[PDB]
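Summary heading: complex between d4T-TP and HIV-1 reverse transcriptase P66 subunit.
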Amino acid sequence: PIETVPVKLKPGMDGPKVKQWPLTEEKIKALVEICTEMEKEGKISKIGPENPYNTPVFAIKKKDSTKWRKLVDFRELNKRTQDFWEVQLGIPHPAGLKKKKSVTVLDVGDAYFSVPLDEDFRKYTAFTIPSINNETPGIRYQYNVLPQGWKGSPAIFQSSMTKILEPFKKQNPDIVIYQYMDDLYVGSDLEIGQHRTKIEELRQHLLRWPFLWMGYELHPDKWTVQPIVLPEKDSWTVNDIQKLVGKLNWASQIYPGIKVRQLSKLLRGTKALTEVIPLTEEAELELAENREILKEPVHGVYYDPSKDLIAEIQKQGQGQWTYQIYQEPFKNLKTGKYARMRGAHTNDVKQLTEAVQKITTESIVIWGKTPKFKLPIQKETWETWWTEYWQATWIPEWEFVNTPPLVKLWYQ
Amino acid sequence: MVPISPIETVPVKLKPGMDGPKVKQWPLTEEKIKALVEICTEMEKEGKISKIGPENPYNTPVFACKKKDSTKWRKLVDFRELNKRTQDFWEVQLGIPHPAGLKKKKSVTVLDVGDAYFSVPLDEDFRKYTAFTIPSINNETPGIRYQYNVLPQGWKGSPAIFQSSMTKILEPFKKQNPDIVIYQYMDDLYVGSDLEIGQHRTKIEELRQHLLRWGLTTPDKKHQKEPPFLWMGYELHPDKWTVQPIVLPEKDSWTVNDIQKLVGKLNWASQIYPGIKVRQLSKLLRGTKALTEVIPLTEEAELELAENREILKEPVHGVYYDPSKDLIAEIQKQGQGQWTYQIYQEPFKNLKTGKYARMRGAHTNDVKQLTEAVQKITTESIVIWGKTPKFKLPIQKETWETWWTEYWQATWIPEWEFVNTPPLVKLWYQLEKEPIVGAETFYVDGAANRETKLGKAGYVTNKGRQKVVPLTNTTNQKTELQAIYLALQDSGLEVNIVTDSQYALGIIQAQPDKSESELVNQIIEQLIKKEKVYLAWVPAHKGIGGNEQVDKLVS
DNA sequence: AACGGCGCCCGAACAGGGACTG
DNA sequence: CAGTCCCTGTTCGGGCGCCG
Ligand SMILES: Cc1cn([C@H]2C=C[C@@H](COP(=O)(O)OP(=O)(O)OP(=O)(O)O)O2)c(=O)[nH]c1=O
Ligand SMILES: [Mg+2]
Ligand SMILES: [Mg+2]
């Protein structure tokens with residue numbers, strides 16, 4: 001009884017044609033059980049090879065959850081419908097969400113399964129379930145309703161979501177509610193007891209209309225930043241000063257007031273690296289002035305909503321991971337550091353996966369965008385393992401880099 | 001008025017703005033003429049082919065080739081122009097079934113659908129785009145032109161449509177027989193069950209009659225009831241499997257196309273024969289671009305080919321997959337960037353073997369390549385068994401721990417244990433984390449002229465040691481590596497080295513043990529001989545310490 | 001002389017960053 | 001500041017194996 005909102009691709013772009021990648025046994029058995037129930041409910045329908053489109057599919061388990069969750073990699077389809085969920089029916093981003101003391105994330109993507117999908121657009125949501133040892137050919141489906149993980153789903157459902165959240169927002173004018181992909185970000189300054197009570201009231205408000213029982217909690221008021229800091233030693237060697245001048249010279253690309261004149265004068269000659277060099281009066285002055293500039297904020301650094309976010313991550317060792325978010329080089333909007341995450345001291349890929357999820361979550365809360373990641377890892381290493389550790393219902397864009405640490409800039 | 005088959009049709013369109021095929025026939029031999037007129041007549045009576053007239057302004061040439069191990073001929077339609085104008089299909093064939101992924105079944109039957117493509121109907125509105133003429137005489141009778149009501153052999157949409165149509169017909173039977181495994185690859189059907197031999201034939205006949213309801217025939221000439229079964233090019237025995245006998249050519253003179261077929265068979269043989277190498281054979285397939293050019297076999301390529309033939313002498317076999325037992329994968333280093341592995345569940349009962357010999361990167365080490373081999377085995381194991389095997393690797397836990405904790409890139413190996421079988425993989429040198437007290441400090445630098453390709457490389461040290469070496473036909477990057485090589489040559493067992501070259505430092509910090517560059521291989525040899533090496537980097541052209549001094553010498 | 005599938009080893013074309021020269 | 005170079009990386013299409 002609902003008219004299908006017409007959906008069109010961006011002009012001059014065809015649908016996605018991405019090959020399905022191999023899935024483990026437990027993931028194939030999970031998707032077969034899930035898709036059988038979705039077909040019986042009419043959410044998806046089987047298709048044939050005359051549909052040349054395809055999008056990868058796999059399954060995940062959220063944190064502290066033993067239930068399998070179907071996850072479609074609509075990253076290609078999403079950027080082929082960008083003029084829809086950003087120009088036509090965009091979702092405004094509240095600047096106060098990052099200021100709330102607590103923010104709960106609610107998986108509301110199940111609600112999208114009640115709105116029909118435009119018939120002329122269903123062919124683009126095609127996916128293929130693989131089989132172990134290629135016992136059977138791929139089992140292809142397409143979506144009949146708004147699919148989870150597609151950016152067009154929250155945009156079309158937004159009019160329905162507004163009406164559902166209308167009584168709750170009136171009841172609580174202080175609560176900030178933001179919607180991104182399949183998730184609902186609910187932030188309040190209420191105490192932990194009061195917050196979770198208000199979250200449960202929102203859950204019951206949605207029930208009177210399979211992962212609604214979960215609530216991942218955030219605290220953006222506690223989110224820290226990792227500035228560039230200079231070492232403080234009692235004695236300085238030639239090697240210490242060479243590293244310091246190297247760090248300051250690179251930091252000058254960000255802070256143009258940094259000077260290295262007096263510090264470089266300490267190395268006049270051809271000295272042994274372990275020779276102790278006493279800091280002169282001017283050297284102490286220049287180093288003290290540089291420590292103050294690194295505390296001052298960078299000039300002309302602000303968020304441009306028209307530009308993409310970019311995230312770089314550095315493996316610092318011993319479970320330490322630093323990251324920077326920016327839109328223009330050396331104009332970082334945020335710098336941080338993670339330590340002692342899951343997989344620390346045993347699994348780089350799990351740690352890097354966790355870091356990508358944390359950074360993306362922070363970017364959704366602060367700006368409402370996900371960044372494109374520059375991952376310090378080989379493509380084959382990441383693509384072999386990352387789905388084993390993914391616990392989010394969205395997927396960011398990423399590319400692969402290899403930058404040897406010539407100077408430890410973000411972590412001494 | 002042709003009957004409609006029970007198989008649901010597949011709606012096939014064309015790319016917009018384009019029409020059907022209009023290609024003239026190809027003059028063929030009279031032997032092919034007397035082998036196609038009988039086909040178009042039999043398919044006309046059976047309804048598989050209808051005759052058209054002048055209202056079909058299309059044409060497409062066809063040819064015929066003998067079937068493999070059969071008196072019957074095979075007809076193929078050259079739809080290369082139709083495929084360029086036909087819509088794209090998504091292939092539902094995602095891979096190739098492997099016998100090592102099969103589980104033990106008490107009873108096994110291998111079927112083969114007769115006239116596969118000729119039993120699935122074509123789209124109604126698409127049959128008009130398949131026009132072709134058949135001259136009864138090579139230059140006398142104009143020949144009546146026919147069309148296709150089924151899937152033609154040669155059309156790019158025929159495989160995908162048949163594989164999807166076959167699945168829809170088997171789905172009700174598989175739902176009625178859950179405990180029966182049916183491996184479905186193209187028209188061949190592998191059917192296995194733990195039922196008794198008598199009860200197994202009962203369900204087989206039920207399946208043969210189920211397919212018959214949709215017009216799919218399973219003749220007796222390609223019905224296999226007795227092991228060994230010929231399936232996907234393998235010999236399936238009740239408790240083991242092996243590849244069909246592989247014959248390597250033995251020509252007195254070897255060209256280029258002969259080696260391409262030789263390395264191919266060896267790649268196919270490496271899935272069950274342990275220890276196959278194709279490094280030196282494929283090394284001959286470089287530079288020369290003439291498939292009909294004779295290439296002499298090198299002494300290394302001859303010894304490699306000899307050791308592969310002796311491996312193929314003794315008969316080998318794989319076993320089947322038992323899900324109640326764990327998956328084990330063990331790797332050995334074959335030398336020269338070559339790795340071989342075995343996947344098994346019980347000791348000395350290999351499910352399959354394989355090799356990894358890809359050389360990626362100009363500079364690398366054994367640990368990187370072992371990590372790549374693990375990733376290849378992992379992905380291969382998820383395709384075949386849907387799970388990652390436990391690894392047995394010839395690398396110490398301490399060696400691996402030192403590498404991955406200190407490497408700047410994320411790297412990881414799944415659950416694994418150390419197996420002490422030389423040659424063990426190790427790191428051949430370790431760069432110091434701090435400058436060395438008492439070791440001479442070398443400030444190195446190199447510069448080259450872009451035009452004349454002339455350059456200098458040298459160093460200055462804290463003790464007054466100094467060298468400048470003029471170089472010809474070089475680059476800035478080469479002179480920076482040469483400067484480090486000079487400092488390693490002229491220093492004691494412990495040395496500190498300060499360079500401004502991000503290029504050189506990036507190579508050496510990754511601890512390579514092999515390189516396509518002779519200069520880097522010489523630098524590695526020096527690094528192995530040292531007891532302590534500390535590399536430090538400073539920005540160039542900043543008046544920093546001895547770097548400012550050696551910069552003057554070389555520029 | 002046809003189509004589709006997967007695997008390997010090869011080279012040409014292309015991309016991207018330090019670094020030098022106008 | 002651009003436009004090159006040197007060098008190293010990925011992508012892709014074809015060679016071969018093999019299946020149908
Ligand atoms: C071997 C082969 C096969 N095919 C297509 C056609 C039918 C299926 C199976 O071929 P087949 O089993 O050998 O012959 P088929 O048509 O089934 O007839 P039968 O010999 O089984 O009776 O794949 C093809 O297009 N080109 C080929 O070279
Ligand atoms: Mg057949
Ligand atoms: Mg230099």
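Below, chains carry the letters A, B, ... as their sequence lines are ordered, and counting in each starts from 1. Read the numbers this way: they start at 1 and go in the same order the structure lists the ligands and their atoms.
Put simply, copies of d4T-TP show up as ligand 1. In this entry, the other chains with a heavy atom less than 4.0 Å from d4T-TP are B, C, D. In this structure, the binding site of d4T-TP at 4.0 Å (heavy atoms) is formed by B/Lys67, B/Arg74, B/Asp112, B/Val113, B/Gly114, B/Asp115, B/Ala116, B/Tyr117, B/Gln153, B/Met186, B/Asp187, B/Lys222, C/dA2, C/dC3, D/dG20. Recorded in the deposit, the name of DNA chain C is DNA (27-MER). Checked by distance only, d4T-TP and B/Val113 come closer than 3.5 Å through their nitrogen or oxygen atoms. As for other ligands and ions, those under 4.0 Å from d4T-TP are ligand 2 (magnesium ion).
Below 3.5 Å of separation, one finds no N or O of B/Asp188 facing any N or O of d4T-TP. Every atom of d4T-TP with a heavy atom of B/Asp187 under 4.0 Å away is listed here by number and element: 9 (C), 11 (P), 12 (O), 17 (O). Within d4T-TP, counting atoms from 1 as listed, the ones closer than 4.0 Å to a heavy atom of B/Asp112 are 12 (O), 21 (O).
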